[PDB]
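One structure is given here, and the rest of the page talks about it.
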Amino acid sequence: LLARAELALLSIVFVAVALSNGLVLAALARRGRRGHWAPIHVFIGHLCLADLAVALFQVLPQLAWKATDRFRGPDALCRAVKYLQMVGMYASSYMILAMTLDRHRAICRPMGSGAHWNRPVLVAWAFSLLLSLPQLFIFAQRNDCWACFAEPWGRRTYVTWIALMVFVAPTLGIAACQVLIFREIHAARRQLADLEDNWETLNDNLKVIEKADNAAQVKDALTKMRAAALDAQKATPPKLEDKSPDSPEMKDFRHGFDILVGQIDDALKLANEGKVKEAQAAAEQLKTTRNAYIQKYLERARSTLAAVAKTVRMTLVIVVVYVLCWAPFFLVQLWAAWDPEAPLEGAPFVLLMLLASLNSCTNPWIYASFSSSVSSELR
Amino acid sequence: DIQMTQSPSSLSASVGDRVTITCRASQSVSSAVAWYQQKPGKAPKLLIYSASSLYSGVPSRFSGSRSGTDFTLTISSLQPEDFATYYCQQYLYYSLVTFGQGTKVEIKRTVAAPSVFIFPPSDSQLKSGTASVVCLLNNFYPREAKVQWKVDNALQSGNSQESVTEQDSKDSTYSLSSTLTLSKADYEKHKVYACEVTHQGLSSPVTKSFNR
Amino acid sequence: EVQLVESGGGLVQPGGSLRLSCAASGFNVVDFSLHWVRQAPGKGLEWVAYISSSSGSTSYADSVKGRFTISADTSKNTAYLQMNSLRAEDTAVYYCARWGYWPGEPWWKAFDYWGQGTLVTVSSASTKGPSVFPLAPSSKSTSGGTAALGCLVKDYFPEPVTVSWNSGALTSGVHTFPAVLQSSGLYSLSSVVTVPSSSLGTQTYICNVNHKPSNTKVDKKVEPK
Ligand SMILES: Cc1ccccc1C(=O)Nc1ccc(C(=O)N2CCC[C@H](O)c3cc(Cl)ccc32)c(C)c1
């Protein structure tokens, strides 16, 4: 009685997924009622919904008198159940694609939408519903309730197409979006590195001016500071933040650096005239101005990049877990379908089924561990 | 002091040929590099007023680019008017201005094998107490026309002065003339004179001779 | 509209004094810093000095520090450069450039309006007329092609000098090489012409050299050999 294992496993995993998803959704609602709703939250919630659907349609029915058997109902119920399973699979595949596309948009081309839906998620759900229509034609109450397809290779065109549209194409698109996103993030990183280096050289040269005792060294340090300031001022913000012409920058960043360079020029004039002490006093005033103006902007810029990187890493983790969990299932199904050597079977499909459900029950934990507010809410 | 060095001392190009001029700065000047064009007997003309920003009144023909400390001026299509000297300036501060060496752009042409002529000193020079034997190499495009004098079949250096005329636009060629000034006493003490040219256009070095 | 004109250049002797001036029209000298940039004959540009009338700040190059003095006058809107203790290396063409102040674009447009430049020569020599020496052609230029002819002019201090052939009639293959300063302090050049070898006497050529600084005009005629 191997079912002792099989059914039992289904039970527990079902519980897991259900519980976890429920909890996460609850947290979201709280964060949507306390005034901290977020643009990404919608996506996450919808993904959770997809997971729930999978469970309610795939491991619960399969957690029946071994689903495919008698005592189900009329052909209509069987066809509807299979359609629900296929739409659940498509939604699980495509919600991650929608999340990755949203990340790409927010990282590359920053731009209505409701509080529980938006354009990309609705598009993914609609595509999932409309692409699973064939499941109604193929499946019926054939008699158990199985599906008979066209004898001329009904499999190499159905199962292969399912694998191509659910796993191959969405995963390839997600990989392309991920590599583009990481290129963009690495770009926004060397620019902040250049700004940090300019700040470091400015500080070091200011210290040198303080320690100096002759006009030559003071003037050389001032020249280094001036070049560094000019280079830094020409550092447009990355695409991950506000538009470059705006009050925060045009009024305080560029103007701050203009006043900086003016003070540097005045110190240089004093040094050229030959009054080193006046140059040192001007350098101290320069320190005061730079600390007042640019430190907060640099600190703020160092934080938004961190949040963007954290969310991108969360999305990458979700994608990696999803592929690791669903690849064996599609691989085995395609192997059986396309290959003529399909006959061999030791009934490993139960393990692939459980592994596929692992991703659905794991996604909420992935999200919780990557969001401080949500993790605190789960408390 | 910030020092700017231009690698191309002189570039030869033909009409329609894209050309590039490179400059390197000792320190890091924050895109504070300008590119000027000077033509003979004229003041410079600001072409590029930053690392890359083009100046008003300048065709889009010219462009500039920066890479950390490298700076480059690129001309896409070379016109007859383009031929002129080009200077790279670093203007990080009022008192730290420093120009480059200068890159001269001139028309291109094939070799021409210049004809070498020799003019002995006139008797009037001998009457006045001086001698000036001259050698003339005309109608050769490429430069590097090394010329060596020989007095009594003996190399003579340090007293020959050479002047090369500007590359004319009617034929795009050069004409060099070298004079070997000598005192009258130093002139009569020798018998023969000669000049030798090792220009690229000639298959082998040529030599012209004169007997006193 | 915008224009800078220099004046005061000329010929002097080492250790003397000179007073270059630059007048600007179309803008205010107060709103722009005025730089003096010199270029030696045949060499690259070399920044010399600069003044900024708004604050009175002035600066000079190390090679000329302590000798030149740069001042400005806003009422007349003119910059001046007093040069003292001159030397041979100070000979050059001095241009005056305009450079805007720091805030904004006026600073990034470096030397956007130069002047025609004024020539300054330092030399102990004095004005002297140019001699003439014909360069008679070969004994018999029978080689297939054209023969060569010309003349030498030497021992004239002021550079400018005019050379003409047949009162300007001859202009085919005329080459007048740039003047080169000799060790004696006087200039010297040569003019040459390529002429048909078929006949020389039937088409006798002459060289006329005129020198305005010394008002010296002389004509010479070549002969065959
Ligand atoms: C029950 C469960 C729990 C957790 C994860 C996955 C499942 C699960 O069995 N899905 C499932 C399996 C088989 C079917 C199903 O009829 N065709 C019909 C063609 C034959 C071939 O078989 C197949 C391969 C592929 Cl790639 C996609 C669908 C299907 C459907 C519509 C859904």
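So that the names make sense, note that chain A is the first sequence line, chain B the second, and so on, each numbered from 1. Per deposition record, electron microscopy, 3.1 Å. Each ligand, and each atom within it, is numbered from 1 in the order the structure gives.
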Worksheet item: Which drug does the model show at ligand 1?
Response: tolvaptan
Fill in: Chief chain touching tolvaptan, naming from UniProt
Vasopressin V2 receptor
Worksheet item: Which other chains get a heavy atom nearer than 4.0 Å to tolvaptan?
Response: A
Worksheet item: Segment by segment along UniProt's transmembrane list for chain A, starting at the N terminus, which ones have a heavy atom under 4.0 Å from tolvaptan?
Response: 2, 3, 4, 5, 6, 7
Worksheet item: What residue and atom sit at the other end of any covalent bond from tolvaptan?
Response: none
Discussion item. I'd love to know the binding site of tolvaptan - heavy atoms within 4.0 Å, chain and number please.
Written reply: A:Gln58, A:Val59, A:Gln62, A:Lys82, A:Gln85, A:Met86, A:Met89, A:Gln135, A:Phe139, A:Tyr158, A:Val159, A:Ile162, A:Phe330, A:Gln333, A:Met353, A:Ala356
